[PDB]
Each structure stands twice: as C-alpha cells, then as structure tokens.
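Opening remarks: the structure here includes clavulanic acid.
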Amino acid sequence: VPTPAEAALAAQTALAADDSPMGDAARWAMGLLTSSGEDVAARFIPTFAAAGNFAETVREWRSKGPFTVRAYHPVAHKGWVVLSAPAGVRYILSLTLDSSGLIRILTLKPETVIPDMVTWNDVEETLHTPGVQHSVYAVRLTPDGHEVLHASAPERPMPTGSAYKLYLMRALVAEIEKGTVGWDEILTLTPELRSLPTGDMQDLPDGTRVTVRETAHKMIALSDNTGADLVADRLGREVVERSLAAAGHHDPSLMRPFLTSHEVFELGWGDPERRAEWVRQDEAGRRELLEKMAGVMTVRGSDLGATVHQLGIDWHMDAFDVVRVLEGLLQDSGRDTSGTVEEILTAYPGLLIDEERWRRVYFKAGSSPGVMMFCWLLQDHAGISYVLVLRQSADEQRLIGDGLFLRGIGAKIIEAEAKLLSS
Ligand SMILES: O=C(O)[C@H]1/C(=C/CO)O[C@@H]2CC(=O)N21
Ligand SMILES: O=C(O)[C@H]1/C(=C/CO)O[C@@H]2CC(=O)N21
C-alpha cells in the first residue's frame, strides 16, 4: 500500500516515462499548466472548435496553480491526471485522444472524489444523488443461472446510450455466422453516414473504404458512432431489430425503431417540430419520420445539452438485458475460433486491469445528455465470470457530469473484487 508521498512520486515518474500517445499528450498538457509563458493546433484534432477561446481557457487554468501531480491514470485513448493546487485543492486533467494521438477533449475540473469501497452500501451511499435515478447490478455467471451479488433497481428500464452498440455487435456476429456479411467486406463512408463523436471515423474523408472488422473494432473500442452507423446501415434496421430478442433484450418494443447515433443526434437536438412529431407518433409514424430525415446531419456537437432520453430518443434496457448481451457476447466470442470477436471486445477495458487476476475483460460505456452507464464482464483464469452494470439517468446533465464518477465507482468495485465480487 503506497503512502501519499510514494504514490505521487510513482505517478510523476510514470508520467515522465510514459512512451505512448497518452504520455506525449499528458506531458504536453501538463507543460501548458506549469510553463512560464500553431503549436496548439498541431496537438489537437483538425476540427478543434475551441481554438479561439483556448488561450483564455489556458490562462484561467494556469491561474489555479501551481500544480503538483498526485496520480496518473492512462487508459488507451483516455487519461486522467490528478493534481493538487495550493491549500489542498485538487483538480483532474482529463484527456481523450483520437486514433493518431491528437487531443480531442482536454478539461481541467474539480476533483471527482470516490472513496475506497468496503461494502455494497458504501457504493449505494456514495452514488446516490438527489434528482438522479441510479442502478447497480453485480452478478456471478454460472452454468445454471446468475448469482446476484448486489442489486439496486436492475428491473428499471433506463437509457444507456452506446450500450446499444453491444446489440449491434451481436447482430453483426449473427450475420457473419450466417455468411451474409464478411469480416473483410468493405464499407464506404459517405456524407450521409457521418455521425458525431464519440469516435474518430467521422474524421475520415468521404469515400474512405474500411473493413467490417476495423469498423466494428472502432464501434466498440472507441465507441465510434460513425462506425456503429456504418455497421447498422450495412446490416439494415430490420436485421438489427429482428436480432434483439435473441441477443438478450426483454422488450424489443422499447428499441423499435432501433435508432442510429445519427438519428438520435439529429432528432434529439435538431428542429423541435420534428421532435414533437416523434413524441405523438406510433411505431409506423416514427419509421416514416426517420426515413424522411435521412440525409447529411445538420446538428453539431455544440447543439447538444437538453435531455431527450425521456422522449424515447435513446436506447432503453434493464440491467438484466445488459448482462444477457454481455453473456451472449462471451458465448459468441468462444464460438469464433478466429479470435476476431475477442480482439474487438477486449481492446479497451475502460480501466487499468489486473491481468494476473482477470483473463478477459469486456467493457462498454454509454453517455448522452442526462445519461451515463458503464458495464464490465470480468472472467478470471479459472473461467469464473462476473458482470457489473452501473447506470444513471437525470433530467439535467449537470447532476451526472462527465462520467468519471460512475467509472471510478466501477474502478473501486473492481479494485475491491475480493470483498464485493468473489467473497
Ligand atoms: O468509452 C468511454 O469510456 C466514454 C464513453 C463513451 C460513450 O459512447 O462514455 C463515457 C463518458 C466517457 O468519457 N466514457
Ligand atoms: O483508479 C481509480 O480509482 C479511478 C480514477 C480516479 C480518479 O482519481 O481514475 C481512473 C479512471 C478510473 O475510473 N480510475
């Protein structure tokens, strides 16, 4: 158990030594904060829209220092640096990178505090926020069903954002198995198929040719919305929908029509009249509205904010549905002797994982205004699997925040697995 001084020193050294895209970006961003006084444009994605306000943003950040590194948490294309400022005030620097190491998101925010968890009640009492509906569901998978380790509101259907991509993955695998689509088949990016971040594929030029395998990899590992939309277009909505009952969903009608990310963005934050039409329409009327809406996006990232999940403009499922889709994916992966499914599912575990404990970890996050979820399947080297599903929804995005809180609650549960999961 490293003492505070030990932990900070280790973090400082690790940041200095990290020879990776995240290490490069984190050191550069820390340089911005600690330094005496076009280099910016070269470090960020080409379409970085805050470039004008950025000089002021950095001035304001710098005014909060001086800063000392206390913790460093690189996780693939995501990274967090915990900083202490004067008088014991703490902040977190959050980085999200694109596929070549350019910065997409860079924030410096008040520290997200998550205590070490001893009991499930610690989890519940930490997580609870007035005005936020939450759910925690943890199970051990066994031959003859699931052993419930903890449950709060698992039966409640809730919006889950990009968790829907798990169903899309199962639908894709089902079609690969049938031979109607192939891993090396080429998908082509068109202006109409481009969606918003999360993801990187939207940044590719019109006409870019990508394999089904690479597109599915990004769909899961980067939560790539454009990747997901390319897959959903190739399979077709009917195929995606007809798959839902088999892949584990209890009431497919909640995700009919099964929306694309493009559709959620455009409907959710585009013209209000069209959105009011959705609300008053039945399934037929909604399908008709979506067909009419097909085309190039008008909605931009800056338009998002107001919650729309309460109108059905999201993907609703219960915690049991999440466990079923994950267990289904575990089965699909084992059946795939090529290891293609496994490589996609294990690429990004969402945390730094103890690989001596866990043979495989599947992970998926979901987020939309007023929506946050994280889920993991963890299987040890003996073959015992656990599934953890964390969900939050609210009428106001500010009650949820950037998702580090819920992720960090998951991190603490997994850290305390011997007490909370495998006791
Ligand atoms: O993949 C991740 O870890 C991302 C994510 C993606 C949702 O599409 O949602 C949570 C919030 C965040 O930064 N996480
Ligand atoms: O390891 C942890 O406890 C948490 C954390 C907390 C931020 O101080 O940062 C990383 C991301 C995450 O969930 N981990």
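Residues 8-44, 49-434, in that order, are what chain A shows, numbered as in the PDB entry. We count ligands from 1, going down the list as the structure has it; atoms in each ligand are counted the same way. What you see below is based on every heavy atom in this structure, not just the backbone, and it leaves out hydrogens, waters and symmetry mates.
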Please provide the name that the PDB entry uses for the chief contact partner of clavulanic acid (ligand 1).
ORF12
Which residues of other chains have a non-hydrogen atom closer than 4.0 Å to clavulanic acid (ligand 1)?
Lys89, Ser173, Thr209, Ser234, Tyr359, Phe374, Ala376, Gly377, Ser378, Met383, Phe385, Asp413, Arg418
Could you list the atoms of clavulanic acid (ligand 1) found under 4.0 angstrom from a heavy atom of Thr209?
8 (O)
Can you tell me which residue and heavy atom of the protein come closest to atom 1 (O) of clavulanic acid (ligand 1), and the distance to 0.1 Å?
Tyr359 CE2, 3.7 Å
Where is the nearest protein heavy atom to atom 5 (C) of clavulanic acid (ligand 1): which residue, which atom, and how far?
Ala376 CB, 3.6 Å
What is the nearest protein non-hydrogen atom to atom 4 (C) of clavulanic acid (ligand 1), stated with its residue, atom name and distance?
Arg418 NH2, 3.8 Å
Residue and atom name of the nearest protein heavy atom (relative to atom 11 (C) of clavulanic acid (ligand 1)), distance in Å to one decimal
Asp413 O, 3.6 Å
I can't find it - what organism does the entry give for chain A?
Streptomyces clavuligerus
